[PDB]
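Entry with ceftriaxone: notes follow.
To match the PDB entry, the residue numbers of chain A are left as they are there, and the shown ones run 29-293. What's counted below: heavy atoms across the whole structure, side chains too, no hydrogens, waters or symmetry copies. We count ligands from 1, going down the list as the structure has it; atoms in each ligand are counted the same way.
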Amino acid sequence: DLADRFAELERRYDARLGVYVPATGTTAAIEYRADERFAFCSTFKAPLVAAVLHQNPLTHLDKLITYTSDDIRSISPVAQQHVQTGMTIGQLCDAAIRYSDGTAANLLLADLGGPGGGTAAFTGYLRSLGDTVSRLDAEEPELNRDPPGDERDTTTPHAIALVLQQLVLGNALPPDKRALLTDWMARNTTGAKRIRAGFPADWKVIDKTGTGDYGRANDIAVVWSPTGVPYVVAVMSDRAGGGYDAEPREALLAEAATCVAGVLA
Ligand SMILES: CO/N=C(\C(=O)N[C@@H]1C(=O)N2C(C(=O)O)=C(CSc3nc(=O)c(=O)[nH]n3C)CS[C@H]12)c1csc(N)n1
């Protein structure tokens, strides 16, 4: 019945909702518009941090990266505090995941592929995981403002969730790097009202958020049953009918999350 519950959500919130849960040994795949393109928004910061972890040794995460106040062209709650000072790569990692800091992500794009090569390098990291579908094509903020229908800066719930299944559950990162990426997203400061609200408290929840123009509201998460069996959950939405400044419905995502919680009991 999952499909019906989802379209009611869509009806009640007046939004496009894509859901994908990868199949486990015990359960089937929960998919809904899973292969339609949704904007990354800030969810690209999770597999980006992983790309930075993977290309470099952990020795890299203690390299002070310098930047200016005129480098803060997006929401940047942490990079705010180091106008000139600058931060360790590990610090920007921490800022781009848990705090969704935009300047953080841009310096990590730069670190990953040069001033005009980071978005393609980030996309190539995704291809190296078998995502031939998602593309990053801009830096912050403009990656949040691509018009609806455009393929730029889009992923799909199916492809990001498979990327996420690799990063946390598969061997895309080695135990250590993999472990730092899991603490970072398990501390995320931005995902209370999203998937976390949708899952029972005795279920573990680790997530990274995305929010943008046209009502875009996203949450990609790895979730753990009290038995400790792991699930990957991507929830992506937008409300593009309402224009660029339409209001994202976070409760939408929580609502989507309670349904997948329901067949995963
Ligand atoms: C051009 O940039 N525009 C953005 C944007 O930067 N999106 C990013 C994204 O995905 N972000 C996330 C997050 O990680 O979810 C958020 C979380 S939303 C939020 N959390 C708070 O704690 C709070 O006090 N206020 N807000 C709004 C901030 S913007 C950034 C945006 C946000 S809503 C909208 N229409 N545009």
*What is the full set of ligands or chains that belong to ceftriaxone?*
ligand 1
*Determine the main partner chain of ceftriaxone by heavy-atom contacts and give the name the PDB entry assigns.*
Beta-lactamase
_As a test of the contact definition, would atom 13 (C) of ceftriaxone count as having a protein heavy-atom neighbour under 4.0 Å?_
yes
*ceftriaxone and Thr239, any nitrogen or oxygen pair closer than 3.5 angstrom?*
yes
*Any protein heavy atom sitting closer than 4.0 Å to atom 27 (C) of ceftriaxone?*
no
_Polar atom proximity, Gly240 to ceftriaxone (N or O, under 3.5 Å)_ = yes
*In chain A, which UniProt active-site residue has the smallest heavy-atom distance to ceftriaxone, and what is that distance rounded to 1 Å?*
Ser70, 3 Å
*Please indicate, with yes or no, if any protein heavy atom is found under 4.0 Å from atom 36 (N) of ceftriaxone?*
yes
_Under 4.0 Å and counting heavy atoms only, is there anything from the protein next to atom 9 (C) of ceftriaxone?_
yes
_Heavy-atom proximity to ceftriaxone under 4.0 Å: UniProt substrate-binding residues of chain A_ = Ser128, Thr237, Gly238, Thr239
*Which part of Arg222 is near ceftriaxone, with near meaning a heavy atom under 4.0 Å away: side chain, backbone, both or neither?*
side chain
*Scan the protein's non-hydrogen atoms and note whether one is under 4.0 Å from atom 21 (C) of ceftriaxone.*
no
*Show which atoms of ceftriaxone fall inside a sub-4.0 Å distance from at least one heavy-atom site of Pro169.*
1 (C)
*Can you list, by chain and number, the residues with heavy atoms within 4.0 Å of ceftriaxone?*
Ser70, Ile103, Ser128, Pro169, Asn172, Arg173, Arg222, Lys236, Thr237, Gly238, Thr239, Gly240, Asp241
N/O pairs closer than 3.5 Å, ceftriaxone and protein:
{"from": "ceftriaxone", "atom 1": "2 (O)", "to": "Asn172", "atom 2": "ND2", "distance (Å)": "3.3"}
{"from": "ceftriaxone", "atom 1": "7 (N)", "to": "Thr239", "atom 2": "O", "distance (Å)": "2.5"}
{"from": "ceftriaxone", "atom 1": "10 (O)", "to": "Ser70", "atom 2": "OG", "distance (Å)": "3.4"}
{"from": "ceftriaxone", "atom 1": "10 (O)", "to": "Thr239", "atom 2": "N", "distance (Å)": "2.3"}
{"from": "ceftriaxone", "atom 1": "10 (O)", "to": "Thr239", "atom 2": "O", "distance (Å)": "3.0"}
{"from": "ceftriaxone", "atom 1": "11 (N)", "to": "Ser128", "atom 2": "OG", "distance (Å)": "3.4"}
{"from": "ceftriaxone", "atom 1": "14 (O)", "to": "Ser128", "atom 2": "OG", "distance (Å)": "2.8"}
{"from": "ceftriaxone", "atom 1": "14 (O)", "to": "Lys236", "atom 2": "NZ", "distance (Å)": "3.3"}
{"from": "ceftriaxone", "atom 1": "14 (O)", "to": "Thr237", "atom 2": "O", "distance (Å)": "3.4"}
{"from": "ceftriaxone", "atom 1": "15 (O)", "to": "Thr239", "atom 2": "OG1", "distance (Å)": "2.6"}
{"from": "ceftriaxone", "atom 1": "35 (N)", "to": "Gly240", "atom 2": "O", "distance (Å)": "2.9"}

